[PDB]
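Heads up, this one has motavizumab in it.
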Amino acid sequence: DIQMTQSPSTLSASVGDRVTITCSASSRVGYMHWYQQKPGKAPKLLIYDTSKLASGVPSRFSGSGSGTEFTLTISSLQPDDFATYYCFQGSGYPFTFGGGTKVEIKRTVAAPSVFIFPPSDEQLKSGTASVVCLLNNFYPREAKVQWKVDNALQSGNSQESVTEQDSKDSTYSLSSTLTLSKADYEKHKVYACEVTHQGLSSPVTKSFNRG
Amino acid sequence: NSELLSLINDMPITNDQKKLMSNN
Amino acid sequence: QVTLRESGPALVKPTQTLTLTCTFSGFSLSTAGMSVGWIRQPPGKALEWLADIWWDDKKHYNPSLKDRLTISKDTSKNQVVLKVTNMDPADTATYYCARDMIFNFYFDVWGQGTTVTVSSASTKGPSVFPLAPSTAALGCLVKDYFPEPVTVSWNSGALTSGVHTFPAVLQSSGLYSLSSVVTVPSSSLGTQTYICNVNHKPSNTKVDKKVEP
């Protein structure tokens, strides 16, 4: 069968940069096709027949290659181009995709807007307390968030979920959930979320007093 | 041509050759 | 526009058979040159082709998943069905259907996909709690559900900007949990109503929670 090796596997570039993705097939192929995929979305056809632009696709994109070597090129990279790119061959069975290339957009540093949410009254009735810390619209993706209950650093009782890069402003957003039993929760007074990020000159702390 | 296509498909050739012959 | 909608179980025990259905419109499969293919994507992995079928009933299958695949069509109802036998946790993935033509051996139109999890664990509905506001942020906490996925929307999809829906996280219980937030004008609070629309098809659960200060 025909396998596809794609490089680079990952990529970060500034808006305006020229970006070139390469696919190298194990055997000779007539046409190479390319798919763009956004997070949790179905793949869209970008380039077909090696260099043909699919409908509704900015001339910003272009294709080139033959035999076993093909490249996709984004002339001037833009925010909406954050995606994972796959090559696809249909010249022989089985059909195959490339390993994929993940494109991230380098933008200017941006500091997180930090919010904190005490557990709802509806949840506190079920017997569990989840305190949520939200960091909104920041970059780069790196960010440290430490929990403090009555000035006692927490460990092993929180989880973080980070968003996929924004397709408009190129920023990430993160959530940190501290989960306690109602009992442990009402055992303490102040709940604080301390954030450390590149866009912050000094660690920001959002907090609240229980009740 | 539905029949011209069903013929090209029935043939024992690479997908590229079928595609080549069906577009042309 | 040509459309395609996959459908099938969200949860299926190991060794059990998966039965997927692709219902489409905009074109007919009985038309010469027309084809439908199935493609799946395992968590954090590339796309893998599985099978296809043509107007003349010609079928192809991916040797990797052989001989566990069975593909058939019914032009009367505009649908194609794919069966996968002896399912394994590694078969857990999002499954897509897509149109194809012999003029061009690629998938020009795709369905939105449907998610299939292979697990011995049983389904459980989520609990939806309010994250109350106090630019201002607010949202809903969708906690303790299985399996993936769940969709969240706001005001029935009227509110879409500023909305961030976080990738679900797996708690130590084995259950998933996730949050959806939205940033809104501090002034539209108390006057503008905000309702998060949670949907968990795997448990046929639909919840609409009103978030308020």
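Sequence lines set the chain letters: A, B, ... in the order given, protein chains first and strands last, and positions in each chain run from 1. So this one's X-ray crystallography, 2.8 Å, going by the header. Computed from heavy atoms alone, side chains included, the values below leave out hydrogens, waters and symmetry copies.
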Could you help me spot every copy of motavizumab here?
chains A and C
Please name the chain that forms the largest contact set with motavizumab, as given in UniProt.
Fusion glycoprotein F1
Epitope check: which residues of chain B have non-hydrogen atoms within 4.5 Å of motavizumab?
B/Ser2, B/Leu5, B/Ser6, B/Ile8, B/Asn9, B/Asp10, B/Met11, B/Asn15, B/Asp16, B/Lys18, B/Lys19, B/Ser22, B/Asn23
Tabulate the paratope of motavizumab for chain B, heavy-atom cut-off 4.5 Å.
A/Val29, A/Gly30, A/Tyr31, A/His33, A/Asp49, A/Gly90, A/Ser91, A/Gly92, A/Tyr93, A/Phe95, C/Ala32, C/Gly33, C/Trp54, C/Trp55, C/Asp56, C/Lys58, C/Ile102, C/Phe103, C/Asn104, C/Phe105, C/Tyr106
For chain A, what name does the PDB entry give?
Motavizumab Fab light chain
Using the PDB entry, name chain C.
Motavizumab Fab heavy chain
